[PDB]
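Dihydrofolate reductase-thymidylate synthase in complex with raltitrexed.
Going down the sequence lines, the chains are called A, B, C, and so on. Note that chain A is numbered according to the PDB entry, with residues 3-188, 195-511 shown in order. Residue numbering for chain B follows the PDB entry, covering 4-188, 196-511 in order. Note that ligands are numbered from 1 as they come in the structure, with each ligand's atoms numbered from 1 the same way.
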Amino acid sequence: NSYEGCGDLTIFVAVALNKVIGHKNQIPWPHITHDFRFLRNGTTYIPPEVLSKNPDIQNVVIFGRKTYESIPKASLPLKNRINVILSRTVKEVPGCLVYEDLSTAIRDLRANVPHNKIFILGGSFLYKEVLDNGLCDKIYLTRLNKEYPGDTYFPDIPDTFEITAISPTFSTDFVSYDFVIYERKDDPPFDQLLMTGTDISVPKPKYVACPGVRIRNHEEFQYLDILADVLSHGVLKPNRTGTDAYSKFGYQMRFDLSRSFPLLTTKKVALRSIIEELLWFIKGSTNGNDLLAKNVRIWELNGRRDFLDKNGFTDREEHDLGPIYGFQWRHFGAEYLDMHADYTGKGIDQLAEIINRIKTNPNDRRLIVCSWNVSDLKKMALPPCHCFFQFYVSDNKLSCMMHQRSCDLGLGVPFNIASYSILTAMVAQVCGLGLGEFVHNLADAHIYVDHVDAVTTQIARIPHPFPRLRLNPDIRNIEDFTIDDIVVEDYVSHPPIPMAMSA
Amino acid sequence: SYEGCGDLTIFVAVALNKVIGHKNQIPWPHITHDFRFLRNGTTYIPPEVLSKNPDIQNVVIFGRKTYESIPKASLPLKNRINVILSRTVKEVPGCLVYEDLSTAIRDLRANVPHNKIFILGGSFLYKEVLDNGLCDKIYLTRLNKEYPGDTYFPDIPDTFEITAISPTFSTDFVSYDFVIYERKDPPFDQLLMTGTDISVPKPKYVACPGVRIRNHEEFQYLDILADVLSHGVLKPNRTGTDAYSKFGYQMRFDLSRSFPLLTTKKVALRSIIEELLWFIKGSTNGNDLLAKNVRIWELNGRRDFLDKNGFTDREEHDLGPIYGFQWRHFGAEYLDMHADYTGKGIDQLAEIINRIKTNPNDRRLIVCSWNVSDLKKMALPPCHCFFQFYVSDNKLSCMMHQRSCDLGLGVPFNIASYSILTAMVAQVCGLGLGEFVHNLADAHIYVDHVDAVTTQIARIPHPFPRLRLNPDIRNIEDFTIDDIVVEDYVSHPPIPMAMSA
Ligand SMILES: NC(=O)c1ccc[n+]([C@@H]2O[C@H](COP(=O)([O-])OP(=O)(O)OC[C@H]3O[C@@H](n4cnc5c(N)ncnc54)[C@H](OP(=O)(O)O)[C@@H]3O)[C@@H](O)[C@H]2O)c1
Ligand SMILES: NC(=O)c1ccc[n+]([C@@H]2O[C@H](COP(=O)([O-])OP(=O)(O)OC[C@H]3O[C@@H](n4cnc5c(N)ncnc54)[C@H](OP(=O)(O)O)[C@@H]3O)[C@@H](O)[C@H]2O)c1
Ligand SMILES: Cc1nc(=O)c2cc(CN(C)c3ccc(C(=O)N[C@@H](CCC(=O)O)C(=O)O)s3)ccc2[nH]1
Ligand SMILES: Cc1nc(=O)c2cc(CN(C)c3ccc(C(=O)N[C@@H](CCC(=O)O)C(=O)O)s3)ccc2[nH]1
Ligand SMILES: Cc1nc(=O)c2cc(CN(C)c3ccc(C(=O)N[C@@H](CCC(=O)O)C(=O)O)s3)ccc2[nH]1
Ligand SMILES: Cc1nc(=O)c2cc(CN(C)c3ccc(C(=O)N[C@@H](CCC(=O)O)C(=O)O)s3)ccc2[nH]1
Ligand SMILES: O=c1ccn([C@H]2C[C@H](O)[C@@H](COP(=O)(O)O)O2)c(=O)[nH]1
Ligand SMILES: O=c1ccn([C@H]2C[C@H](O)[C@@H](COP(=O)(O)O)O2)c(=O)[nH]1
Ligand SMILES: [Cl-]
Ligand SMILES: [Cl-]
């Protein structure tokens, strides 16, 4: 074979959403220093055992002539690595080995040039040859969630590869991105099992999210693992709605809001409705028509005549939802009359108070907005699912924890995660703080029985990098945010998954 | 003399007074779980070894008296080579017999194919194995109670350390766990795919660093202490003693198995129980606790604190509309600690206990103490703000949100307190016990507690105790301190920790 002995080459590459890798012999996007540190660390690692036996050993990096010309001259040859250039027009390049083709080079290297591992650093001529001929067994790929103008493209990865590793999602001010590993498709010590004190042979879980992904550092795996856990181990229970659900109690997810915006990528999520709902909460509204007028229908069934009449609200106007979330956030303790009454100056404006306290006393440990107003529960169309939330400041960063008493994992939860993430970013901005973490506590977490097929489909889908959130920096008071001031960039998702509401 | 006789592995079960036998029998009632542990531990063959020789077995060695203490119908122990040491019996059916240990170990390793050798007592054998350094690993079941006995496990030499601890388990009669003693003498992609520095300085503080298998629930708490000391931000707070702080944790405790009263220091249980009873009765009068020799709320009811925080017209120890008031009278107009609130406000505790009985699948089983309208009247707003029950498989669980968590002082009380409350509610509702899930928001260690918590996180946990409530108690208001009993509590010494106000 022409390529006898030239296999197990490892690719590093960074690829835009449209598959572009190069533009006018340069990188098509603004410099991502993080990504270069990742290439460098990836391509210069020698296992400790190998380095102790041959302390001067290095890895090899191979690239095409044009890619060599695309690297700043002061950085060449790439440090701590044997640089190999392929060319049929140039014979000699300072500090590098030069070969006329790949097969010659790999063979020469492995027989005559002691080294550790060989890496392929492009361009497309090389990537294409390496992929077209089965020579690569692993690909380290940086995924960028944006299209870029370009003239040089990464070839399609064959379906013989699968993603086995995904990093957390990162972002610059111009793109969101992550790091993945692709590999070709083709146990714990006994004391671990013994010292659980339980059965040493446990039936493994019936459902596992993305079972081919071994390194699972994308934050969305927290959610997918929860879906799989409830399906695997949840108890089927009746509930208020009349559609039964699989249920399990107590989870805690966290999302680093400085790095990405946690809008699920495993289905297309309706962001516009999330933003409109949040703005409605912030303005204190209990009038469901304010959402219908904006083509947001998420609260419609809970304001309808037949639901109201079914739950004792026979004197309530349609879509008068009672003293729910927004009324509690802005008017806790005020006497609810109807959705048309004037509550200016009535009750306690918790949102205003807490935002002011974050500014004036950030180390306070009572930065809480509470919607569980025990005195008003009976008056609400539905008691709040997201009950309570608390802020925290350290090192000039704002975090938020939220208690969700009841968590419809298929429908509500994805909205709830995005909602509090926006709110936290809004509060951080108006308080001049950076972003910490959103911590989401799930109490009764459940999957309605009519969503099982949808969730089964969803947990097999490989997450894309999360998008990023940009708020208009001119907005200085939380009441002034409008939907045009809240922008999610670089959202790449799998298709929407229809999921029917029980009620 | 013992050349080639090392690396013997001991299994044993030991009571708190070191007793292992009584009248040539086991001193405690039978723990079937413990025997499964023994059987599983001593019959295991690695899969690589088992496929190369499919008939291979481990060896179990015991003294003659231990062999005579095993029911005849179980002998020889199945799937193992049974070896008895004796100078008076020469033949035992189904077994090998030797006159001493060195002879037997040498004969076995030279002439009797086998996998691993286990030492199953008695004290004549354990004493020989330990005195002569022949053991490298000990699987030991720790029982938290003393038993009458006449046969004792020898002291384990300080050349051994505990390297594994199971969760705590319990029967009706004892709490126990499994531990491993041994002699004191990450693939790159995992580092790369974090996307952060590949060279990561180890945390400055690590709880019980010799323990590698860390299945005791108390490690959740100790790990948090170490995490806050290692990675918490030092910042000011209301008290004027700074604290190291980190945000957002979640612990869980299986209340069916044990009672999570910390064992790494002696915790003042009596005060936890009296405080809980005071909450349940809806009291806001701090004198009701002082009269019972419980002073945990005393500084917060003092004139000096009241007057500095603007409560100049409040009687001393009138704490205002705090926890108990909100539990039993949410929405009532607070006057003072001497007023009658009978039939005023919403009795959340009563309402939720009834709903657990009538509609356990309800998803609003919440008691909330964060009464925004009353916060300004409280001597201190509640630390444990909100709690929520859950029922599945005839078991009650509870989750509680703690806004502010003094890891040194308050948190150990808070864990035990909600554990008792959940057990109490389960009993009056006819349910079993699920889990207590404890959510920590601002979790912190005051600077003057750093020395104390450094001492504490190096202590090896004992098995947790167990809770027994008087079974005759039908209504939550009828529990008295005599009805709430913690059994088998073994702990390290108390650690003094001063309150920052
Ligand atoms: N984002 C990323 O990860 C990444 C990675 C690499 C490169 N890039 C970008 O990609 C662009 C450069 O890649 P490119 O594909 O244009 O060029 P390239 O593959 O780097 O260079 C092509 C040259 O290499 C020689 N060569 C090697 N193998 C060959 C083959 N099989 N057939 C023909 N010639 C071969 C030839 O030089 P002679 O003409 O001397 O024979 C050919 O002209 C730049 O814009 C660079 O910034 C991006
Ligand atoms: N909790 C636990 O894990 C555990 C484990 C084991 C046993 N036990 C309890 O321990 C008690 C029995 O232990 P024990 O200490 O009384 O007796 P033991 O050690 O089992 O047996 C003593 C007898 O075995 C022979 N023997 C032991 N070591 C020998 C050696 N090195 N060389 C020659 N012969 C040796 C001698 O028999 P001859 O007199 O025939 O020479 C000696 O009299 C029982 O109550 C049993 O239930 C408890
Ligand atoms: C994950 C990945 N990201 C990339 O941007 C990338 C680029 C190349 C193209 N090529 C092989 C390059 C190597 C180095 C370059 C560069 O412009 N470097 C900067 C920073 C130096 C460093 O830290 O590596 C410079 O020299 O100024 S461009 C090949 C594989 C890749 N792989
Ligand atoms: C059983 C139940 N589960 C819920 O999640 C729930 C949610 C709300 C209000 N809530 C806050 C909602 C969030 C998201 C929703 C929803 O229907 N999402 C659909 C379509 C979104 C759209 O097109 O606007 C989806 O995600 O597929 S509804 C009201 C009653 C409920 N009842
Ligand atoms: C951890 C441990 N616990 C023990 O109780 C124990 C006992 C011995 C003493 N000896 C080595 C024994 C082996 C088996 C026995 C026994 O009494 N078996 C009962 C119980 C059967 C079951 O529940 O599985 C029997 O055979 O009926 S007693 C040795 C090591 C130990 N190790
Ligand atoms: C800064 C601060 N931290 C607290 O944990 C705290 C707790 C209370 C009330 N609380 C709920 C208490 C729980 C436990 C306590 C305590 O002092 N424990 C000591 C002594 C116990 C005793 O012997 O009675 C200890 O555990 O060492 S105090 C009041 C103010 C506070 N202030
Ligand atoms: O923002 C929301 C609002 C509601 N729910 C879900 C949880 C339940 O499935 C249902 C409310 O029903 P109850 O728990 O109140 O029965 O809606 C959410 O997940 N998020
Ligand atoms: O049951 C309690 C009561 C209080 N605290 C702690 C947390 C804080 O350190 C302090 C209360 O002070 P603030 O958070 O309110 O400032 O007491 C507890 O840990 N548990
Ligand atoms: Cl922001
Ligand atoms: Cl007043």
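- In the structure shown, the parts corresponding to raltitrexed are ligands 3, 4, 5 and 6.
- Other chains making heavy-atom contacts shorter than 4.0 Å with raltitrexed (ligand 5): B.
- With a non-hydrogen cut-off of 4.0 Å, the residues around raltitrexed (ligand 5) amount to B/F14, B/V15, B/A16, B/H33, B/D37, B/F38, B/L41, B/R42, B/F65, B/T69, B/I73, B/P74, B/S77, B/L123, B/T144.
- Polar contact with raltitrexed (ligand 5): present for B/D37 (N/O pair, distance under 3.5 Å).
- Listed by atom number, the atoms of raltitrexed (ligand 5) under 4.0 Å from B/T69 heavy atoms are 9 (C), 10 (N), 11 (C).
- Heavy-atom proximity to B/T144, at under 4.0 Å, picks out these atoms of raltitrexed (ligand 5): 1 (C).
- Atoms of raltitrexed (ligand 5) lying under 4.0 Å from at least one heavy atom of B/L123, given by number and element, are 11 (C), 29 (C).
- Taking distance alone, with nitrogen or oxygen atoms compared against 3.5 Å, B/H33 approaches raltitrexed (ligand 5) more closely than that limit.
- Per the entry, the source species of chain B is Babesia bovis.
- Below 4.0 Å from some heavy atom of B/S77 lie the following atoms of raltitrexed (ligand 5), by number and element: 25 (C), 26 (O), 27 (O).
- Heavy-atom proximity to B/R42, at under 4.0 Å, picks out these atoms of raltitrexed (ligand 5): 24 (O).
- Polar contact check, B/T35 against raltitrexed (ligand 5): no nitrogen or oxygen pair lies under 3.5 Å apart.
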